Asks: 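This PDB file has methotrexate in it.
Alphabetical chain letters, starting from A, follow the order of the sequence lines given. Note that chain A carries the PDB entry numbering, so the residues on display, from first to last, are 3-181, 185-521. Chain B is numbered as in the PDB entry; the shown residues are, in order, 3-181, 185-521. Whatever order the structure lists ligands and atoms in, that order sets their numbers, starting from 1. We use all heavy atoms of the structure for the numbers below, so side chains are in, but hydrogens, waters and symmetry mates are not.
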2 protein chains.
Amino acid sequence: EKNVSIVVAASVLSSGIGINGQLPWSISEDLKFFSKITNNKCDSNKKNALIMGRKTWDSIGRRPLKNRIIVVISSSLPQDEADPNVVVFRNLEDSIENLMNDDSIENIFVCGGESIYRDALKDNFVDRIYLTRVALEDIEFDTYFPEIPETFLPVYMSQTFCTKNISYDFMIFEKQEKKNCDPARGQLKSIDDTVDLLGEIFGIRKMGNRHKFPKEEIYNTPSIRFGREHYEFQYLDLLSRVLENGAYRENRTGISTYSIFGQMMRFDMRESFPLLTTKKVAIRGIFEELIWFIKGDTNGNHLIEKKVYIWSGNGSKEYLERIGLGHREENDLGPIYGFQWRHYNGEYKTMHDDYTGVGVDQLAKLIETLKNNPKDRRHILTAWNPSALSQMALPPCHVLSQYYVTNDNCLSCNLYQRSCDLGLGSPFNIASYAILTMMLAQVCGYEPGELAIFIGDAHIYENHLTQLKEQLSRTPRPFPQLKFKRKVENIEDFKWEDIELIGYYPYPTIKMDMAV
Amino acid sequence: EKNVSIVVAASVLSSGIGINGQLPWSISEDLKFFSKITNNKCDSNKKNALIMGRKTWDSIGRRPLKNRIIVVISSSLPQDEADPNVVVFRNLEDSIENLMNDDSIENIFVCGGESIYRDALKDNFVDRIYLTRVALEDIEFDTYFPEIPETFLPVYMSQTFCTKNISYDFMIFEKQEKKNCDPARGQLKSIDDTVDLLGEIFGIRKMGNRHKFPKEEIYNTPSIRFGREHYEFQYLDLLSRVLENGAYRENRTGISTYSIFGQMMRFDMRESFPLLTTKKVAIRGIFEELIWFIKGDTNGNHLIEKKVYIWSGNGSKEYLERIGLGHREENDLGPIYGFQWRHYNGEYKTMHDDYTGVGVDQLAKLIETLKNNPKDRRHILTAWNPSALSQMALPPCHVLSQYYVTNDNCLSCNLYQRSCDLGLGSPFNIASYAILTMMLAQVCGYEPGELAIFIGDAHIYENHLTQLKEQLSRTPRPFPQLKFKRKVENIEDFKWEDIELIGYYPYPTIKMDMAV
Ligand SMILES: NC(=O)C1=CN([C@@H]2O[C@H](COP(=O)(O)OP(=O)(O)OC[C@H]3O[C@@H](n4cnc5c(N)ncnc54)[C@H](OP(=O)(O)O)[C@@H]3O)[C@@H](O)[C@H]2O)C=CC1
Ligand SMILES: NC(=O)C1=CN([C@@H]2O[C@H](COP(=O)(O)OP(=O)(O)OC[C@H]3O[C@@H](n4cnc5c(N)ncnc54)[C@H](OP(=O)(O)O)[C@@H]3O)[C@@H](O)[C@H]2O)C=CC1
Ligand SMILES: C#CCN(Cc1ccc2[nH]c(N)nc(=O)c2c1)c1ccc(C(=O)N[C@@H](CCC(=O)O)C(=O)O)cc1
Ligand SMILES: C#CCN(Cc1ccc2[nH]c(N)nc(=O)c2c1)c1ccc(C(=O)N[C@@H](CCC(=O)O)C(=O)O)cc1
Ligand SMILES: CN(Cc1cnc2nc(N)nc(N)c2n1)c1ccc(C(=O)N[C@@H](CCC(=O)O)C(=O)O)cc1
Ligand SMILES: CN(Cc1cnc2nc(N)nc(N)c2n1)c1ccc(C(=O)N[C@@H](CCC(=O)O)C(=O)O)cc1
Ligand SMILES: O=c1ccn([C@H]2C[C@H](O)[C@@H](COP(=O)(O)O)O2)c(=O)[nH]1
Ligand SMILES: O=c1ccn([C@H]2C[C@H](O)[C@@H](COP(=O)(O)O)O2)c(=O)[nH]1
């Protein structure tokens, strides 16, 4: 029948595609994509046609595109014979007669101009859309990509890439007419039927039935079945798995959860920063807690003083009293994360004491082994100290991490987290250890690698159900970028002002109460 | 023309299906499977036909099967019109006219007798094979399932199930005809080509390019693309993953490996024991090293005396020397795990010293919490004590573990393993911590749950390449069962003889040298 597909690069929030007759931006990988995509064909004796409005024709210098035939739509341009790789038409519908004839034309692409896009869509001429989402807002646009008609559904979203600090995506939308998101399903009737029957026979007894694929009403952007490349699906899909399989269970806080044991999440950090886009995340507070950790600081007031209250709850007199630490000052949390990082096995007295020299400095050693022996398999940082647990406001959650220097020269990080509050703590942990890995990488002379998080008790607190369903209804946007303004000499030296968060265009923040 | 599939239950090694006119076993779930499968149909106005040899007809008492038509092949049986649900034919070929006609007959099943299977396969009448593999050998068989023709390929392998301590699967075989083993690829031209093109543009900058799908020549039983349910694939595919992506890198050993970071494996422990069948695995030494840890013993002699030599290489006078620990008696391994399990943070001297009372007894604490506070999110056991690494013959590989009591009353286990020798240590760790979980579960009144292994440095030593590729050429068999003959009072009371390993029919041992 001959496929007709739109190909465009529009800004993530406004769908801005042009300014004063030009592109709002310069991203070569995107042009390479345009070239590969429009050039891609089966028959060597055929060519693809690239339809475009006249202004776009002007915008590219009125020079032909190799191996392809350009079809310009113009009421004024003359139909001449000079170039046989460029041809003119008076309206879109007529040019569409690439279909009813030229058998030398394999595929058709609508290659843009807002005016051309809008018609092709209005008149139901396109089957597919290749959308390069560019994280560039707050800049002038005078040309837009129309809003994608509801008859289209996304089927692929690649990971975030980066060019000159600009984050971008690649999505594919397909028009689906007439008529499970599980990839290993709907593949072969006999396999699906057999597994289904085996499941009826055994019950909880078949491990698969303990790991049911999420029903679509809890599956984010469910139409994307085989192309969920964007690594934010790694967190959304874990949410879906616990919403689908979570056992309902009581716990120390009195606010029950839905709980599954033993999931994982991997995020790339070479091209982008894993800061969730489906909800606005408080990154300043994350950074402050991280730096607070690095300095082996356990004084909660230092956090509060900077208007960061994540540790207030577990620092209160009331709480400290409840767990048997009524002897502490307000906000003395005991030998937690920071202390175990800088002074492992050190004898904790109070937050006011000087501990320089005491305990084992894991962090310092980590940076030394990382520099001097990179391929060593012992780059570990731990916070689990059986002898210190009872003195901690809260036992270590992000419990152990290990660090792996690539042959590429990048720093990758693994973290086991015994207990993970998916709504409120996970987004934090992900970003936090993404930042730490980048800080470690800079002081050791490496580039950021990959981040993998392995979870024990992965749960959602029962008062976050409607909030996370809300979140799950939001399709993800390209991840932002995070850059350091200066190269520090000591990891303890980083400051908020040193952090540059580039291109973060999240959805509204979603309120969620933390369980004390 | 419609579908003809075989349904058979045969023993793992010899494919025995009968003895003295009956089955060698009684596994009701398999009868339930047989029933689901041969009853399975779309058109509510048609029925399926089950073809069987006369002897099989005798073996089921000559009583019709509900909702189905039974086709008996016999030279002697009278062709009566009496029961419209049972029909007789003089030969298998004539019977196949179920195709040509009886549009009441939706699908056809060859339901067996060795004589009937062997004919159906020889004359090319069957398209599919449903094959329940039973782990029973060393019992009498007089009837067998023919050897599956090479024109058939395996497309599914369920997990191992257990009935009356008998391990069993089911798997599907499909007949091949003309025509990527990757699940997500091959679903849409548009998506595969986009991902491909994107890969070309970005190269190593696209995470996916850093985790390529393994090429078939190194992927176990590649024809099974969407049905690799047998949890032995969790191990085998990790092997395949590093063969395909592993980075060549040197290490302290002197024997270079191939390395990838952050991987995971999952194993069920409810229906079976995860002891690799693609190679014979030494379970006894494993158990002996395990019970050794449990007791807190750091004395390497005790294992040698029991003829277990896994800790010799790293306990010799020459080795303890190269790492500056010669002031130590030979085979005095220092406070590794065991000491860390029973006396975490205790002050270590020699192995002969009496440590009762020193250090934190994590194991004891574990068991007392698993009992009194199952839902607790802190069941942790750690062996990574920075304050003690210097004096350990070797730093801890299986570094931390977490334990999770389901509402189902089972005990699941998570282990982070900083470094993992895939050819030598991994098969051991999977079994080791499987056993430890069953021990803990018996002792605490629970049933075995699931086992997940999170790995940091996942590698293969370069001298194991031939052995591993050999292993990768062996198709998995059902896992064996592992039961305790008695209920111990304390976990320190387990003894080799208390363990009954039922139904293990591994492939031959594969010799692999351990890098010191
Ligand atoms: N990021 C991206 O993906 C892309 C962005 N762009 C940007 O978009 C902008 C150009 O888009 P836009 O401003 O909409 O201009 P267009 O490229 O749509 O071209 C408009 C011209 O096309 C002809 N035309 C349009 N409709 C008709 C019709 N119904 N009948 C006959 N001729 C018609 C007219 O030419 P005439 O006056 O001769 O009749 C009109 O002047 C530029 O800034 C460009 O940089 C362009 C392509 C891609
Ligand atoms: N594990 C499993 O899935 C199954 C196992 N079994 C076991 O298999 C055994 C039975 O198999 P088997 O011993 O091979 O006997 P079969 O069940 O295959 O039946 C053999 C009979 O079928 C008829 N027959 C066979 N070939 C022909 C032919 N070419 N022309 C005409 N009639 C033919 C003959 O009946 P006649 O004498 O009337 O000519 C022959 O005696 C039993 O022990 C049963 O328990 C059976 C089914 C399934
Ligand atoms: C992990 C971690 C760090 N931590 C430490 C921390 C301490 C105790 C915890 N307790 C529980 N039950 N869950 C947690 O995630 C948790 C986290 C956090 C603590 C609180 C919040 C939280 O309340 N966040 C709110 C705050 C709003 C804001 O940041 O301005 C949020 O909206 O996100 C986040 C992180
Ligand atoms: C994990 C662990 C325990 N350990 C501890 C241990 C210590 C140092 C190591 N060093 C290296 N490089 N790899 C290891 O797996 C390793 C394992 C083991 C050590 C050796 C064998 C081993 O060589 N087994 C032989 C033969 C012994 C047998 O047949 O029983 C084998 O061929 O399988 C297994 C486990
Ligand atoms: C019409 N237009 C505007 C433009 C710019 N970027 C886009 N990007 C996308 N994703 N989609 C578009 N339609 C698109 N259009 C174009 C078209 C072609 C070239 C161009 O130079 N193309 C060469 C570029 C090749 C290269 O640089 O590697 C080609 O090979 O097709 C530039 C702008
Ligand atoms: C021919 N035969 C021997 C037998 C036994 N086990 C097998 N198992 C398998 N997987 N495949 C076979 N062909 C097979 N055949 C049979 C056939 C039917 C029944 C039988 O009782 N079937 C009932 C069983 C119903 C039930 O137990 O739930 C049915 O509904 O089909 C027993 C033995
Ligand atoms: O870095 C952190 C700190 C705490 N929590 C959450 C996990 C649990 O919801 C709660 C800890 O409670 P316990 O598992 O100790 O009961 O705080 C996190 O998710 N990440
Ligand atoms: O349970 C274990 C014990 C040791 N090893 C292997 C992993 C490495 O091959 C080697 C440890 O080397 P280092 O991490 O110390 O470099 O021992 C395992 O795989 N599993």
Asks: State which chains or ligands correspond to methotrexate.
Replies: ligands 5 and 6
Asks: Which chain contacts methotrexate (ligand 5) the most here, in the terms used by the PDB entry?
Replies: Chain A, crystal structure of Dhfr
Asks: Hey, which other chains get a heavy atom under 4.0 Å from methotrexate (ligand 5)?
Replies: A
Asks: Which residues, given by chain and number, touch methotrexate (ligand 5) within 4.0 Å on a heavy-atom basis?
Replies: A:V9, A:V10, A:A11, A:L25, A:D32, A:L33, A:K34, A:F36, A:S37, A:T58, A:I62, A:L67, A:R70, A:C113, A:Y119, A:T134
